[PDB]
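Figure: oxamniquine in its bound pose on Sulfotransferase.
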Amino acid sequence: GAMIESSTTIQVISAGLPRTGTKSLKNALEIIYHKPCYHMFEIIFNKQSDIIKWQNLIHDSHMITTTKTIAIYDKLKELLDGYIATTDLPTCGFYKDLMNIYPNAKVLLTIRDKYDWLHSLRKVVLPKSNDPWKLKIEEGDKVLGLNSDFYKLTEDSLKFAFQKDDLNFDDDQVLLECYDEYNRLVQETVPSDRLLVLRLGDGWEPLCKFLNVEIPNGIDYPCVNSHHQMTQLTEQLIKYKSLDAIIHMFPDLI
Ligand SMILES: Nc1ncnc2c1ncn2[C@@H]1O[C@H](COP(=O)(O)O)[C@@H](OP(=O)(O)O)[C@H]1O
Ligand SMILES: CC(C)NC[C@@H]1CCc2cc(CO)c([N+](=O)[O-])cc2N1
Ligand code: NA
């Protein structure tokens, strides 16, 4: 196809929850658009200074209906300046607001089997409080410079996505119910013409068709960020005590 000059603004809003192929999708969108896509990894590896800003936004987000709405929307736009898409926490819970701010953006929902999702979440993002692996995650997190404010953001952005005032994070049934309800609500809320639902394994074709772009030539659809790979990353951070000592060992993930 012909090369055209794409606008550096949010063109794709992905409402999918963590552990549903968001990092692969981030990578895929960057391959298509040649500009950055937001993701939790953007915060962890590039913009830890954003943590307090997302926290403040979530804090004020109950006021979203107006005057207050504009201030909140201004802060969201600021956070996303220079990006062409959003994926993952903390952004995904803001999908409705993002649709208002970026009326010409299309919306994606990444989904998968709910028990596979939960298993993956428990290994990487939200281990049970009595799981010994939680201590290893915390040790690796310290190597990356992530502290309690990072955990607060993770929890608060999950609660915001699930529209809960509090949440028993150690309760699998609660998390599964929230997952199902969240995915159902996205599909009820977003007009179908504006939504593409992507199941893990769908690859380039439906995505590129939805976005009116050619499938990237000779490039396989990304497959990164398995829980196994994250377990290796955690162990290597603990072993070497820095990111820069091992970053070359994780080329597409980081
Ligand atoms: N192209 C692909 N095909 C199949 N699974 C993929 C995939 N890309 C990512 N995944 C899976 O999506 C999950 C990561 O999602 P996210 O980036 O949102 O955290 C991982 O699940 P597992 O942990 O079950 O391996 C990963 O293996
Ligand atoms: C050792 C270190 C790599 N641990 C950091 C972990 C794993 C990456 C990660 C990813 C997400 C969402 O992609 C979230 N999240 O949903 O808040 C939290 C975390 N925290
Ligand atoms: Na990258």
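Numbers for residues simply follow the sequence, beginning at 1. For ligands, and for the atoms within them, numbers begin at 1 and follow the listed sequence. Both backbone and side-chain heavy atoms feed into the values below; hydrogens, waters and symmetry mates do not.
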- If I want every copy of oxamniquine, which ligands or chains do I look at? ligand 2
- Query: Can you list the atoms of oxamniquine (ligand 2) that are under 4.0 Å from a heavy atom of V124?
  - Reply: 6 (C), 7 (C)
- List the closest protein heavy-atom neighbour of atom 18 (C) of oxamniquine (ligand 2): residue, atom name, distance to the nearest 0.1 Å. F150 CZ, 3.8 Å
- Should you measure from each heavy atom of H39, which atoms of oxamniquine (ligand 2) turn up under 4.0 Å away?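 Those qualifying, in numeric order: 13 (O).
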- Task: Pick one of side chain, backbone, both or neither for how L153 approaches oxamniquine (ligand 2), counting any non-hydrogen atom pair under 4.0 Å.
- Result: neither
- Task: Check each atom of oxamniquine (ligand 2) against the heavy atoms of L144 and keep those under 4.0 Å away; list them by number with element.
- Result: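 What qualifies from oxamniquine (ligand 2) is 2 (C), 3 (C).
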- Query: Identify the closest protein heavy atom to atom 9 (C) of oxamniquine (ligand 2): which residue and atom is it, and at what distance?
  - Reply: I44 CD1, 4.1 Å
- Query: Relative to the heavy atoms of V125, which atoms of oxamniquine (ligand 2) are at a distance of less than 4.0 Å?
  - Reply: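 Answer for oxamniquine (ligand 2): 11 (C), 14 (C), 15 (N), 16 (O).
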- Message: What protein heavy atom lies closest to atom 17 (O) of oxamniquine (ligand 2)? Include the residue and the distance to one decimal.
- Response: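 Looking only at protein heavy atoms, the one closest to atom 17 (O) of oxamniquine (ligand 2) is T154 OG1, 2.7 Å.
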- Interfacing atoms of oxamniquine (ligand 2) (cut-off 4.0 Å, heavy-atom, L89): 16 (O)
- Shortest protein heavy-atom distance from atom 5 (C) of oxamniquine (ligand 2), along with the residue and atom involved: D141 OD1, 3.2 Å
- Query: Just distances here: any N/O of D88 and N/O of oxamniquine (ligand 2) closer than 3.5 Å?
  - Reply: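 Such a contact does occur with oxamniquine (ligand 2).
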- Query: Can you list the atoms of oxamniquine (ligand 2) that are under 4.0 Å from a heavy atom of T234?
  - Reply: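 Result: 1 (C).
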- When you look for heavy atoms under 4.0 Å from oxamniquine (ligand 2), do you find them on the side chain of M230, its backbone, both, or neither? side chain
- Which of the atoms of oxamniquine (ligand 2) are close to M40, meaning less than 4.0 Å from one of its heavy atoms? 11 (C), 12 (C), 13 (O), 14 (C), 15 (N), 17 (O)
- Item | oxamniquine (ligand 2) binding site (4.0 Å, heavy atoms) |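 The binding site of oxamniquine (ligand 2) (heavy atoms) is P18, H39, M40, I44, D88, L89, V124, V125, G140, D141, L144, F150, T154, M230, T234.
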